[PDB]
Colleague: 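PDB structure, Glycogen phosphorylase, muscle form holding flavopiridol.
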There are 2 protein chains.
Amino acid sequence: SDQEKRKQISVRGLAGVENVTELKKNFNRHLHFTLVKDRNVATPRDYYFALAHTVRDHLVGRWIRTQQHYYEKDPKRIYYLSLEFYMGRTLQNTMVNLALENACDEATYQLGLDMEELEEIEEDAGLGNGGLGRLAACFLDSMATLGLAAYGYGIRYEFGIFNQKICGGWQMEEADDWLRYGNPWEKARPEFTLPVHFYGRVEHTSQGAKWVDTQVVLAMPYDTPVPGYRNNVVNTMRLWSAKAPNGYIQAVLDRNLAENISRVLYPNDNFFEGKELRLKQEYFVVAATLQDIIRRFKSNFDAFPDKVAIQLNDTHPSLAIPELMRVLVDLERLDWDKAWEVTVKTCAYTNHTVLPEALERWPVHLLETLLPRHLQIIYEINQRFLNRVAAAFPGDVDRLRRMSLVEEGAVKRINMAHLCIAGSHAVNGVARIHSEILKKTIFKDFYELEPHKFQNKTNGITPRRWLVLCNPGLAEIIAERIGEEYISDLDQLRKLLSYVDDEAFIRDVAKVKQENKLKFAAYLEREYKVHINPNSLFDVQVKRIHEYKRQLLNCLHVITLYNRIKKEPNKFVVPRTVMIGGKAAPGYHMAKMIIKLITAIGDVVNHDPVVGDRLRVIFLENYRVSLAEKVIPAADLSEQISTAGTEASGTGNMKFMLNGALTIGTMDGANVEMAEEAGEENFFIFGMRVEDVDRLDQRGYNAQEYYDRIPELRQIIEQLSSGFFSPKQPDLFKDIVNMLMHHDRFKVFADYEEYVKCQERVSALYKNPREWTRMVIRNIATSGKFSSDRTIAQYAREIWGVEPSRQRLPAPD
Amino acid sequence: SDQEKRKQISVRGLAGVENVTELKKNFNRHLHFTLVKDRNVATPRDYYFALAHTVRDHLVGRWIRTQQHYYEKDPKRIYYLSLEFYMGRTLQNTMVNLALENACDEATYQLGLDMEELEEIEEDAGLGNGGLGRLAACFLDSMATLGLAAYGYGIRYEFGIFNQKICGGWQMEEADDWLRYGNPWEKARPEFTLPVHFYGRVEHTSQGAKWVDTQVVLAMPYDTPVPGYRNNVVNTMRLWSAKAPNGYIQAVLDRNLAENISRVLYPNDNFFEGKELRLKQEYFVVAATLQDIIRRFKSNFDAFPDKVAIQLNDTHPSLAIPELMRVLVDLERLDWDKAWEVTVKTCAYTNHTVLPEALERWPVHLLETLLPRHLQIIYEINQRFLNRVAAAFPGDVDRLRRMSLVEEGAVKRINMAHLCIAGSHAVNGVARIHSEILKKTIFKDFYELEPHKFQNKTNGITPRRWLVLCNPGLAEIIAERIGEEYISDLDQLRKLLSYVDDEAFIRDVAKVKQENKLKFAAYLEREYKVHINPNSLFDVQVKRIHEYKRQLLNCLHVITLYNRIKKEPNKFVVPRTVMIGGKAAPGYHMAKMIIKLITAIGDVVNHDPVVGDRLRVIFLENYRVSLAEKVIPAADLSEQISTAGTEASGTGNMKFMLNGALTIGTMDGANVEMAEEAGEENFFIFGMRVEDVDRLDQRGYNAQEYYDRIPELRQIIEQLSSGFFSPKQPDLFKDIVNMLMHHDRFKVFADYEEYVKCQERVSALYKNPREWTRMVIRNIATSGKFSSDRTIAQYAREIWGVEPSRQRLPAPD
Ligand SMILES: CN1CC[C@H](c2c(O)cc(O)c3c(=O)cc(-c4ccccc4Cl)oc23)[C@H](O)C1
Ligand SMILES: CN1CC[C@H](c2c(O)cc(O)c3c(=O)cc(-c4ccccc4Cl)oc23)[C@H](O)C1
Ligand SMILES: *Cc1c(COP(=O)(O)O)cnc(C)c1O
Ligand SMILES: *Cc1c(COP(=O)(O)O)cnc(C)c1O
Ligand SMILES: OC[C@H]1O[C@H](O)[C@H](O)[C@@H](O)[C@@H]1O
Ligand SMILES: OC[C@H]1O[C@H](O)[C@H](O)[C@@H](O)[C@@H]1O
Ligand SMILES: *[PH-](=O)([O-])[O-]
Ligand SMILES: *[PH-](=O)([O-])[O-]
């Protein structure tokens, strides 16, 4: 008896075979016994939670079977360390991946409820800034769908990326209290809390180095399940929360200082801010993550790289290299050389930008007092690494200074990217053009030393959330000709090329875009009382505000469209609704000025009676994942106009392509590969290429030359300077004008002419609905290469050494 | 259809008819779907949580039916405002009150688990300091058992009363992270959050006063169910949590300043510390509580007192009087006189102490800047109140100065007790002697003005937790002769007097005490590796450390016992294990010195070979509700030796009586009434009475007179002064000695002789087990008057105007 009796404790049978009667039963139970409510006081929100909990049961049932399966099989495990995971909404995603959607729709319907109304109660889990954070989220969805034993590790921020409010045309920041009503998907794990150390000092006893006199901060994990598509695999995303360890009153209040580490996500995108709190956050997630990994590995180290793969999402968790060394040498007492071997073979680094001001260079004075032992370990790694460089290039002292992990100057700094390259067995770019730039520019030296380390892994988006979820209409007209296999094998959309001349398909593609455009216009009016003509070309640019992303270039074109209608008021032009959305880092002046200019322009354009509904400029407030799932499926033209060579890859570009929009962009990042897949004849490429940018830099960029040679451009600048877009404050945009004229690192003027002319070609094709639609079909049909399933499959095979699999596990019962 | 379909959403059927098969089914479900665990990684803690959640379902089912019942019936509602609620453990209490104990025991047993091991995983919810907080908790249990529509309102402190650690014989404080693993009984209610205002100013517009420019702090309620005994009534305890309202990073971090209000419970017992954070806490709970009340009342004000009763647990929530006035006058715009009428008729005040240093007197300068409008309203109430006094006693200006709510001096202060008396329709003491003292001393003036307002409501404890729960053995031997009716009608224990000469009952009473003593000794050894002789008289004094509670007097007796054994080493003495436990307010020097003396004494006594097991002094570390439920049932002698007139009532005294221990105490608080109920011949009363204390104060207390006249006392003092109990630091107790000799406000020396002689009488009776046991039976049988059911019944009938009821509601299904 005894222990044998506990065998009754089994997931054996769960909340149901996945059908209406049982779903309704559990919905009722959760509404009363979980939310402590009844049908008389229950609000739609209470009803959304009851459905979320009901659906979560089915998820957990598989979550448990999956982890049990991993413990038994013991596959090599993959850990994706990221300081960001932009997850978005979970209810619908879960229902879709688990095939619960239809049954849940019926169950709620029978209970006198509307599921879509319920689904809309859920807001985003915005623990990310944008591209980097959302890539991680797409990766999590893909690894689960590919049957990989992967874990996402990050920080559980109390407040994610701020909510953007537009006041008087300016961005205002409001904390994103995403946990106000709780989070039904996560599961706190206090029983697994681990300690993280800070400050202290290092003493060298007779048997090694000891990091003593430190301050401790606990890391409590919160687990979130990530369901693969219909394979019954549910992986985990473990996020750490900071806790203080365990006069009198003030001492208890001061416990807040330690828990401040996981309070808020730094709202910077592609920019480095050397703040100690940020450094604490990076080591916080790293220290706790590696403990959890080595522990999970234990329940000697020669086989560590065979069972463990740690992927560094940018340099943010780079401290993982000296930490893993610290643990192996100082605690496990492995000899240095063996520890290092294990370390390099375990880690791999992914770079996401080439812009200098985004790269992390921590002052050593900050590292010596906060993580003394790590600074020591880093110097040693540096000395040994440089010794190898010296050996491979005798006499090349200059190369030694260039590759050193240490930068000299008034302020000594540690170049975290160099650290990542040294301690990683693989370094990879996120787009072919980006990966090549890394090999001939910023990382040329390292590439020359270890060519074998450098790879490329072109980004991708998950077709689940970014097609099946956000664009059900498109997903169904597609499914009715080629089936549903494409959903987890996107390269099958290639079959659609067989319908480029099919009248029924052309009709359906255009009708779905129009329904989406119609639906989006009804959403804008509803929540923001904003009107937009649905029978106009939806010109959309949504991404974070950046000088490099050149929202300003888009602004110049808008005013050019406006001026042209004022010059020839009665001439016909294809109606346009230009939409620009995105947030600016709070401290990014130019970015905030750019947002004001956009609204300022809309203020003039939108109220000019002569213009009417021929042109409308709208700034989409609070752009986020949930909004992207809304506006992107209703887009016609996708703006991807970053200066050639500045956008590592981009993913928004991919979202638009899969959703029926045509692209106008530069030969930058993945734009290059999307054009290659669809054919340049089906794309709208324009402007300078990387070479043209470089040549201009050699001779020198003089924006005045373009000003003096382009009349329409002169007029626009004169309007901005004049106070034409700010009558009550004539010099309001003086900062934007001077930047463009004398300090524009992104050459907006240099691409203006080719940009406007290319925009003319867009309107031309739009005037011909049938041809426009047909070109779109050629795009949608060639977007398969950009499925995150493809990207993860490569990481798995070329970096992690694990074979992807679509094998499905049996349902819980 | 439609709305009619939602009728399917019902509590109709719940987790089970209250039997094994279904209990096991839900235990399994919760273990996997709620805790996300499986039988392979599940720890006893995970198993305790699975059982707690399983049991909670049955509680919630009734919780929902009860509130639905109240909305339909619309009875007058009773709100018990307290800054403290010392609840303790909930699992067993719930199982008992719901009659789930046996079935749950069997279900767990069948699943290969031990419920008692599981129950011991649960720790206290120590949101209280001691007596006052635990009285509220007993009151909550009783109101539910008496079928009253009552709500407990307080603050949800992140950290309750600190955990006490003894290091080097001294008390060390450690934050009580009671929420580390979560709380399965509460239910957060973010959807019911309310705003609380602070600071600001008052401007007087043409239509009234306006409190503007304030700072806002949100109050989010967390509901906890309180089950009555087998009547299917589950009331609510709603506790408020502080939340901040909704550069950039620092602004988000600073949100901690607002949430600090509900961070920690001030650890002071019977002492006032005029800290702004404390004042914020008092208004925090008051402001949010009254909003919730008026709101619940709305879903004109002449009938407010007919549907609402607000009971002020001490002066802590006294701001409820000016707040209710503020709301009625400033917001509801009622004329002053009508508002006041409604206010007095709604509120009632309970006083818990006569000691001056416990009474709240807030400096006006603190009130004007923090709650300006309330200071204004208070002055107006004062002027109008004094005008009435002036009218009732013309020319008595001195009485005006004495009764004023405002105290003049260098530092102007508001006497909160006077405020409570003025704005309450009833004021009550917590014990007959206490209530009389209030009428002839500190509140004589007010009593003279409004004799009708003053009442008495003798405290009481709940027989559920304090007998059926903590002492199952006693509860069963009692149940086998008179049944179980006494459980909710304690006056039935009177029937036991019929067994004072029954050999079987005498045998059983003594055997149960011995089993408890045996069990307690096994608990002490287990967790604290402390040994105690179970065949010795268990002399126990557990309560907070206070000079007034005179733990020191007990210390003098212990050393007297020690010295006597050293004087006549071979003379026989009844073996004793003296136990003293309790916490000292962190800043209470004397109290901390008293704790050290106790351990210091144990250090000498416990290691003296000549003494051996004839005497053992033990300091019970971290005394709390859960420990009280352990040590009290194993006690033989209950120490209640406060100076006559200082202990308002006491409740520990009541706990011991109901559990089979004899009492040695002064004629103080409820000790007076317990002796009256059992008969002084069955009690051990000693020392000065209130009159004797007062006479000594008239002529003057000279401790040297007792020192010079009592040889044994001189010896003890000489030992303390000598360094006999602190050889490494001879003058360590100089503070205790000097206090006793020259500044002892509690006259420990004055009661020493009568105390020791009375202790001689105790040992005498113990030498005769049969007679001791028989006296105990006379105590247990006369403890019925001290059931909190009796106390709540009186409040209900004499103050709240609601009739108590034992009518049971139908089970959820
Ligand atoms: C000279 N000065 C200009 C502004 C810049 C700066 C700030 O002062 C504050 C910020 O929040 C940002 C930001 O988010 C992104 C970028 C950035 C990033 C990549 C390429 C070019 C730029 Cl300008 O720059 C920022 C920094 O102080 C250097
Ligand atoms: C003169 N001085 C003595 C100590 C006293 C004091 C403190 O400085 C600090 C404290 O934490 C307490 C406490 O908890 C209880 C009592 C108290 C309560 C009732 C009766 C008698 C006393 Cl001494 O007094 C405290 C205050 O400063 C006045
Ligand atoms: C996909 C996504 C991004 C990335 O957009 P890019 O144009 O590649 O920079 C940014 N923000 C959100 C909300 C996204 O969904
Ligand atoms: C009942 C109780 C008290 C009250 O004890 P008194 O001796 O009346 O002061 C204090 N603390 C705890 C833990 C209690 O259970
Ligand atoms: O790789 C994910 C993303 O990282 C950064 O946001 C880059 O700016 C972007 O080009 C890339 O797509
Ligand atoms: O009324 C509850 C308790 O309040 C205070 O703690 C008093 O010290 C005590 O005598 C009383 O029993
Ligand atoms: P069960 O033991 O989980 O199937
Ligand atoms: P049901 O409508 O709760 O019984």
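Chain labels are A, B, C, ... in exactly the order the sequence lines appear. The numbers used for chain A are those of the PDB entry, and the residues that appear cover 5-250, 261-313, 325-838, in sequence. Using the PDB entry numbers, chain B covers 5-250, 261-313, 325-838, in order. Below, all heavy atoms of this structure are taken into account, side chains as well, without hydrogens, waters or symmetry copies. Method reported for this entry: X-ray crystallography, 2.2 Å. As the structure lists them, so they are numbered: ligands from 1, and atoms in each ligand from 1.
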Colleague: Counting duplicates, which parts of the structure are flavopiridol?
Modeller: ligands 1 and 2
Colleague: State which other chains have a heavy atom under 4.0 Å from an atom of flavopiridol (ligand 1).
Modeller: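 Within the heavy-atom cut-off of 4.0 Å: A.
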Colleague: Heavy atoms under 4.0 Å from flavopiridol (ligand 1): which residues of other chains qualify?
Modeller: A:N284, A:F285, A:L380, A:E382, A:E572, A:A610, A:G612, A:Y613, A:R770, A:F771
Colleague: For atom 27 (O) of flavopiridol (ligand 1), state whether the nearest protein heavy atom is under 4.0 Å away.
Modeller: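 Neighbour list for atom 27 (O) of flavopiridol (ligand 1) is empty of protein heavy atoms (cut-off 4.0 Å).
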Colleague: Does the protein place a non-hydrogen atom closer than 4.0 angstrom to atom 3 (C) of flavopiridol (ligand 1)?
Modeller: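 It does not; no protein heavy atom is within 4.0 Å.
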Colleague: Out of all atoms in flavopiridol (ligand 1), which are within 4.0 Å of some heavy atom of A:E572? Include the element for each.
Modeller: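 Contacts of flavopiridol (ligand 1) toward A:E572, numbered from 1: 23 (Cl).
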Colleague: Output the list of atoms in flavopiridol (ligand 1) that are nearer than 4.0 Å to some heavy atom of A:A610, sorted by atom number.
Modeller: 11 (O), 14 (O)
Colleague: Tell me: protein heavy atom nearest atom 18 (C) of flavopiridol (ligand 1), and distance?
Modeller: A:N284 O, 3.4 Å
Colleague: Give the residue and atom name of whichever protein heavy atom lies nearest to atom 16 (C) of flavopiridol (ligand 1), and the separation in Å to one decimal.
Modeller: A:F285 CD1, 3.6 Å
Colleague: Looking only at protein heavy atoms, which one is nearest to atom 23 (Cl) of flavopiridol (ligand 1), and how far off is it?
Modeller: A:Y613 OH, 3.4 Å
Colleague: What protein heavy atom lies closest to atom 19 (C) of flavopiridol (ligand 1)? Include the residue and the distance to one decimal.
Modeller: A:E382 CG, 3.4 Å
Colleague: What are the atoms of flavopiridol (ligand 1), with element, lying closer than 4.0 Å to any heavy atom of A:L380?
Modeller: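 Here the atoms of flavopiridol (ligand 1) in question are 19 (C), 20 (C).
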Colleague: Kindly state if atom 21 (C) of flavopiridol (ligand 1) has a protein heavy atom within a strict 4.0 Å cut-off, that is, under 4.0 Å?
Modeller: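 Answer yes: something from the protein, a heavy atom, is under 4.0 Å.
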Colleague: Can you report which non-hydrogen protein atom sits closest to atom 9 (C) of flavopiridol (ligand 1), along with the distance?
Modeller: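 Closest protein heavy atom to atom 9 (C) of flavopiridol (ligand 1): A:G612 O, 3.0 Å.
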Colleague: What other ligands and ions have an atom less than 4.0 Å from flavopiridol (ligand 1)?
Modeller: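 Other ligands and ions within range: none.
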